[PDB]
Structure formats: structure tokens, C-alpha cells
A.B. asks: 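Today's structure: one with nelfinavir.
Chain naming here is simple, since letters A, B, ... match the order of the sequence lines and numbering starts at 1 in each. Determined via X-ray crystallography, 1.9 Å. We count ligands from 1, going down the list as the structure has it; atoms in each ligand are counted the same way.
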Number of protein chains: 2
Amino acid sequence: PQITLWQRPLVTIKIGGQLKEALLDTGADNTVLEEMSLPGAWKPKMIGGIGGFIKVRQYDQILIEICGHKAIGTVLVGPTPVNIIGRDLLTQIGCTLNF
Amino acid sequence: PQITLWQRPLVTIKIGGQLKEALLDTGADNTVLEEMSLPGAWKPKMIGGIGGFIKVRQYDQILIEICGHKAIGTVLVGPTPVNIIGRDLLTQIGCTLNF
Ligand SMILES: Cc1c(O)cccc1C(=O)N[C@@H](CSc1ccccc1)[C@H](O)CN1C[C@H]2CCCC[C@H]2C[C@H]1C(=O)NC(C)(C)C
């Protein structure tokens, strides 16, 4: 699967039994999801982007299906306006930039 | 040129006669550079990411060299902590996500 970038690279993901749309984001170090509940313990965390910072809950060893590829990683949950798939998970699905 | 994502995808750019490092960012709609001066008119603009918004100056029809590929696009200039190459320019150099 090749994905061109003329439109936002939004893919379907499955996480915590739920189906969501998320943006494949090579500029994000971490994967950040809009508010939802997940299993295990979590830790308070802060992540900065353009403009400022948000408070997030960090969950470890979470199973995620990304465009029908399975990966297990750390997911952050918090007041992001878009679900973000960052490099931590992009590497796990063998995602590369090519030109 | 393929670029894997184990590290931040930082490339060399040349813009306004200057050499800079920038992040190939499929999660950004627009290209945003740290403070610098550029030719022609500019228009005030506000852009949001995670955490909040920043005020930027928008410059049109700017020549940029990205990984040694020439592109002419709109460049935003403002208080970003990282130079960001967004989809507007990524499409111009024929950049795709592959897995
Ligand atoms: C630069 C830009 C535009 O021109 C237009 C729309 C969005 C953005 C934008 O900032 N996008 C971001 C995703 S967060 C996001 C928010 C809203 C919509 C889509 C993505 C970047 O791809 C990632 N972005 C790149 C970079 C931006 C400058 C600050 C340091 C990083 C922070 C990082 C980021 O925010 N990462 C999180 C882990 C906090 C998610």
C-alpha cells in the first residue's frame, strides 16, 4: 500500500475494540488519541506541539490495528483534535517515506 | 530515496539563499519555518497544532530546495520550534508513505 499526500493521510484503526480514523504523521514522535478508555495503568504526561502543550494519559503495551496491520506500542490519550499515529507505531508497520 | 522512521525524518533544505534542517511531516498541511526573511508580500495567518495556535507570516511562490528537489510553494514563517515541511511541498517532490 502506497499513500500519496494530496489529501490528509487518514487511515482506519482499531484500538480497545473501537474503530477510529487516524492521521499517519511522520512529524509526531508519539501516537496520540482523542479521549477514550484503555487497559492497565497509565501515567500523567505532557506533550508539546505547535502553539503549546496538552496534558495526556500514557498507556503502555496497547494493541492497535493500523490499516489492517497489527502493532503493540505506547499510546497517549488526551485533548488532541485529531487521532495521531506517530513514528513509534509507523516503524512497527514498516512505514517509510519515498520519493 | 527512501527514508525510514526510526529517527525523526530531518532533511536539508535551501530557502532564501540559506541552508536549514527541516522535518518531513505528513501530519502538517502547511510548511512552517522558524523566523527568517523572504521575498515579496506576506499575509498574517494563524495556525493551530496540538496545544494551541501560533501567529505566522504567509509567503507565496517561494522557491525551496528539499533533499535536492526544487519546489515552489507557500511558506509560513513564525515561532515554530522545528522547521516543518508539510504536504503542500511533500506532494511537489513526489513524496509518498509506503508500507
Ligand atoms: C504544522 C501543521 C499545519 O500546517 C496544519 C495542521 C497541523 C499541523 C501540525 O502541527 N501537525 C502536527 C500533528 S497535530 C495536528 C493537529 C491538527 C491537525 C492535524 C495534526 C505535526 O504533524 C506533528 N508536530 C510536528 C512539530 C510541530 C512543531 C512543534 C514540534 C513538533 C510537534 C509535533 C506534534 O504536534 N506532535 C504531537 C505528538 C504532540 C502530536
A.B. asks: Determine the main partner chain of nelfinavir (ligand 1) by heavy-atom contacts and give the name the PDB entry assigns.
C.D. replies: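 Most contacts go to protease retropepsin.
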A.B. asks: Return the other chains, by letter, having a non-hydrogen atom closer than 4.0 Å to nelfinavir (ligand 1).
C.D. replies: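 Non-hydrogen contacts: A, B.
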A.B. asks: Among all protein heavy atoms in this structure, tell me which lies nearest to atom 4 (O) of nelfinavir (ligand 1), with the distance rounded to 0.1 Å.
C.D. replies: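 Closest protein heavy atom to atom 4 (O) of nelfinavir (ligand 1): B:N30 ND2, 2.6 Å.
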A.B. asks: Return the closest protein heavy atom for atom 15 (C) of nelfinavir (ligand 1) as residue, atom name and distance.
C.D. replies: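 Looking only at protein heavy atoms, the one closest to atom 15 (C) of nelfinavir (ligand 1) is A:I84 CD1, 4.3 Å.
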A.B. asks: For atom 21 (C) of nelfinavir (ligand 1), what is the closest protein heavy atom, and at what distance to 0.1 Å?
C.D. replies: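 For atom 21 (C) of nelfinavir (ligand 1), the nearest protein heavy atom comes out as B:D25 OD2, 3.2 Å.
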A.B. asks: Out of B:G48, B:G27, A:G49, who is nearest to atom 32 (C) of nelfinavir (ligand 1) when you count heavy atoms only?
C.D. replies: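 The residue whose heavy atom sits nearest atom 32 (C) of nelfinavir (ligand 1) is A:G49.
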A.B. asks: So which protein heavy atom does atom 28 (C) of nelfinavir (ligand 1) come closest to, and at what separation?
C.D. replies: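 Here the nearest protein heavy atom works out to A:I50 CG1, 3.4 Å.
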A.B. asks: For nelfinavir (ligand 1), is B:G86 a contact, meaning one of its heavy atoms is under 4.0 Å away?
C.D. replies: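 The answer is no, since B:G86 has no heavy atom less than 4.0 Å from nelfinavir (ligand 1).
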A.B. asks: Yes or no: does B:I47 have any heavy atom under 4.0 Å from an atom of nelfinavir (ligand 1)?
C.D. replies: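 The answer is no, since B:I47 has no heavy atom less than 4.0 Å from nelfinavir (ligand 1).
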A.B. asks: How close does the nearest protein non-hydrogen atom get to atom 1 (C) of nelfinavir (ligand 1), and which residue and atom is it?
C.D. replies: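 Of the protein heavy atoms, B:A28 CB, 3.5 Å lies nearest.
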A.B. asks: What is the residue list for the binding site of nelfinavir (ligand 1), using non-hydrogen contacts under 4.0 Å?
C.D. replies: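 Residues with a heavy atom in range: A:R8, A:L23, A:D25, A:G27, A:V32, A:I47, A:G48, A:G49, A:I50, A:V82, A:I84, B:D25, B:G27, B:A28, B:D29, B:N30, B:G48, B:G49, B:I50, B:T80, B:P81, B:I84.
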